[PDB]
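The following structure holds tacrolimus.
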Amino acid sequence: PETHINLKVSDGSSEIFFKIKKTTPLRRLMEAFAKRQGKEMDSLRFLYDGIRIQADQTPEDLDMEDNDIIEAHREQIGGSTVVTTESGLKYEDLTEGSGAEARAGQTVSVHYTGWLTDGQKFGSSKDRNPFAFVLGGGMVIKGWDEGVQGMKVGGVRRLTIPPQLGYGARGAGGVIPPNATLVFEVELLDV
Ligand SMILES: C=CC[C@@H]1/C=C(\C)C[C@H](C)C[C@H](OC)[C@H]2O[C@@](O)(C(=O)C(=O)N3CCCC[C@H]3C(=O)O[C@H](/C(C)=C/[C@@H]3CC[C@@H](O)[C@H](OC)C3)[C@H](C)[C@@H](O)CC1=O)[C@H](C)C[C@@H]2OC
């Protein structure tokens, strides 16, 4: 308790915790986070109380206390924008794609992960090797048909789907509770 500190790291999708010694540089934490996510350190930016953290700073330096939150930002540099459409869907482009644009009628290929609003993962295509569907076909949940349109190949878009655009009061047997808001990260691979 005296020498070590537990810190919560949030990336807007899930939360995990890191216990390090108060005199250990935050580099150790940042690298553990990056590795766990399969991400390069150069593509991550970490903030605490709105101030940019540097890898050589320690929890002691920053007067951190147990359960304090560090924000991990993976999104493009420049400032994020969260869009709420006419339907109540929300989306956020974490990475802007450089390739072909996804349009209704195409059979598009994506990777995804889905979480509940508490950061519990409910599904993913990555956990073992890509998911293809007819975009705009009414075959997937409404949030997806609406949310994946306009993405570009290379893009990573975070969809926040209110339950009437998801599984509603029914939920999905075994997996999604009644009245659940769903968070997905979708990476567009082909169109
Ligand atoms: C032939 C039948 C099985 C067939 C299953 C697959 C091809 C395998 C595929 C990887 C799905 C996963 O199977 C491991 C599993 O993925 C979830 O975990 C998940 O992450 C999720 O939410 N996804 C998957 C990725 C696209 C978005 C969303 C979805 O839209 O999924 C769609 C979905 C369930 C739509 C319902 C359909 C009924 C409507 O009434 C309802 O309307 C409210 C909406 C899926 C893709 C359907 O088009 C096709 C199927 O169902 C679900 C929580 C439960 C689902 O298992 C079924």
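Starting from 1, each residue takes its place in the sequence as its number. Looks like X-ray crystallography, 1.9 Å, at least that's what the header says. For ligands, and for the atoms within them, numbers begin at 1 and follow the listed sequence.
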Practice task
Name, as the PDB entry does, the macromolecule that tacrolimus contacts most in this entry.
Solution key: Ubiquitin-like protein SMT3, Peptidyl-prolyl cis-trans isomerase
Next on the checklist: Quick one: what's the binding site of tacrolimus if I count heavy atoms under 4.0 Å?
Outcome noted: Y112, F122, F131, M139, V140, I141, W144, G166, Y167, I176, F184
Inset, instruction - Find all atoms of tacrolimus within a distance of less than 4.0 Å from any non-hydrogen atom belonging to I176, and give their numbers and elements. - result: 53 (C)
query: Hey, does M139 come in under 3.5 Å of tacrolimus, counting only N/O atoms on both sides?
result: yes
Enumerate the atoms of tacrolimus whose separation from the nearest heavy atom of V140 is less than 4.0 angstrom.
30 (O)
- Item | Close N or O approach (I141, tacrolimus; < 3.5 Å) | yes
Based purely on interatomic distance, does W144 place a nitrogen or oxygen under 3.5 Å from a nitrogen or oxygen of tacrolimus? no
For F184, the tacrolimus atoms whose distance to one of its heavy atoms is below 4.0 Å:
20 (O), 21 (C), 22 (O)
Exercise for the section: Within a distance under 4.0 Å of any heavy atom of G166, pick out the atoms of tacrolimus and give their elements. Expected result: 43 (C)
*Report, in ascending order of atom number, the atoms of tacrolimus lying under 4.0 Å from any heavy atom of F122.*
20 (O)
